[PDB]
Structures are given as C-alpha cells and as structure tokens.
Amino acid sequence: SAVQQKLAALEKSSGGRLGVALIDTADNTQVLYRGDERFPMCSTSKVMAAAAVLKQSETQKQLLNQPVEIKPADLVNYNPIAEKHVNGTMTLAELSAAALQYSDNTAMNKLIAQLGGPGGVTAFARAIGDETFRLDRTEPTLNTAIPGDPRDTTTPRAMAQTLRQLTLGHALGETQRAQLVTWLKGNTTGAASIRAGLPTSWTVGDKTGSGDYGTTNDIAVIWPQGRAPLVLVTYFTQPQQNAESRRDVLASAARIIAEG
Ligand SMILES: *C(=O)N1C[C@H](NOS(=O)(=O)O)CC[C@H]1C(N)=O
C-alpha cells in the first residue's frame, strides 16, 4: 500500500533495516513492514519482564512492595536509578518503574532474577500467546544485537500483538493492566522516538531500546482524540556494529504511519 511505499523509501534513505507493526484497535487492521522479521529487542524487552512480575503480583498481592537489595556487584553498564540506592534496597515496584521509565539495566536484572532467569521471562510470553518472544541472556549482553543472532529477538508483529494484550486487553489483571499503562505513559527516554513523529494532542506510552549495530527501537501504545487507540512497534538496526543511534528513523516511521 501507500504507507508501505513510504516506509520502504524511509528505510532506503537510512541505509539500515526497518521493521514496523501498527494495530488499529477500531477495525483490528494491521499495517506491517518487515513484520515477521526478527529484530534485537534490547531494552524494549523490559516490558515483558515487568509485565511478568505484574502477573506474579496478581497472586502475591504485596509482591511489588517487597524490598530487593542493590549491591555493588549488581551494577552493570547503565544504572541511573539503581546507582542511587547501592547498599540500600528498592521495592519491586520501584525496580519496575526504573526499568521502564529510565531503562535501568540493573533493575531489569532484578526483574529477571525475580522470575527465575531469562527463561522465566520467555515463559510469561508463551503464557499470553506470544510464541515469538525469546529472552536468552541478562543485562547487558542481551544488547549485542548481532546480525542473524536469534537470541533476545522478536518480530514487530508479535510485539505489537503482545503489547496490545498487556495494555488494552486483559492479559493482566485490572490493577496490573492500569499500572503498566501508567508506567509506560511516564517514560522519560522516548521524546526523540515515536513521540516526536505524532501529533501533540495524542497521548502515548512507550518503551525505547538501543544496542550495538546501531539498533534503535521503540514500542508504544497511542491514545489519540475521540479515536480508538493504536499500537505501534518500530524496530531499526544497521550493518555496522559501531553505527550510531537513529531515533529520527523511529520518529519518521511514526509520522508516516499516523497518516503523513
Ligand atoms: C535499552 O536498549 N538500553 C538501556 C539504556 N537506555 O536505552 S533506551 O532509553 O533506548 O531503552 C542504555 C542503552 C541500552 C542498553 N545498552 O542496554
């Protein structure tokens, strides 16, 4: 279609590989670009880990208040919030918010441990019908984003469907579905990605990711005005391992998708 033609031209001008999945929750239509190809998730995978802990909290009703120790051996490559609480503790709610709103990797590793390793995160995806998501490693080696490597990858089509079930659907419980929505709405890392390509009036919750090979990702649930919400996944990766981030590609892909 016409939007397919604009995303392809955007991909060609970028010199990279672009994967886009849009779900319009009015007629359940889908616009896809390389929607069945695998992309390195990087820290967009933190939504699955946080949602998995939220699913646990449905049965363990005070799980999110459990304190977790932050130790110097726990710090990894990017620890904005966890660095402020070394030799102290953070609750699982605080670690989830830090993981999704500041992309703290030490917090991610705490969520993975709560679920019993990366295989516990993958388990949750399978439990909600995501047959594609796979988490094989912890922070930070899950961000190697090597071409052809299926580790820690997913397809745009599967993440869009999963992100819909987690936020708009009821893959989670009522209080949990609302908590994840509030967390995504208060992200601080995404002003230059999907948000930058959408109208100011649109309310958006998102989770960004980045890694080697210039990988630049963002997944977002979008609430327009008087309109049925949309779900958009934008994944991008490049041929050079040392390639720089291209958040502008994500902004332009969201601009094209949102009629423009
Ligand atoms: C996620 O991909 N990452 C965590 C952190 N912030 O990136 S994000 O705001 O696009 O999610 C640093 C880069 C990256 C990583 N190396 O883990």
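We're numbering straight along the sequence, starting at 1. These values consider heavy atoms only, across backbone and side chains, with no hydrogens, waters or symmetry-generated copies. Both counts, for ligands and for their atoms, begin at 1 and track the order of listing.
For ligand 1, the recorded drug is avibactam (bound form). In this structure, the main binding partner of avibactam (bound form, ligand 1), as named in the PDB entry, is Beta-lactamase.
The ligand atoms of avibactam (bound form, ligand 1) that sit less than 4.0 angstrom from a heavy atom of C42 are 2 (O).
We find a covalent bond linking avibactam (bound form, ligand 1) to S43 OG. Protein heavy atom in closest approach to atom 2 (O) of avibactam (bound form, ligand 1): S43 OG, 2.0 Å. The option from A99, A192, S210, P140 that lies nearest to atom 13 (C) of avibactam (bound form, ligand 1), judged by heavy atoms, is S210.
The side chain of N105, and not its backbone, has at least one atom closer than 4.0 Å to an atom of avibactam (bound form, ligand 1) (non-hydrogen atoms only; side chain from C-beta on).
The nearest heavy-atom contact from the protein to atom 16 (N) of avibactam (bound form, ligand 1) is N77 ND2, 3.6 Å. Of all protein heavy atoms, the one closest to atom 8 (S) of avibactam (bound form, ligand 1) is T208 OG1, 3.1 Å.
Looking at atom 5 (C) of avibactam (bound form, ligand 1), its nearest protein heavy atom turns out to be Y78 CD2, 3.5 Å. Other-chain residues and nucleotides with a heavy atom under 4.0 Å from avibactam (bound form, ligand 1) are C42, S43, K46, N77, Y78, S103, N105, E139, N143, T189, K207, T208, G209, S210.
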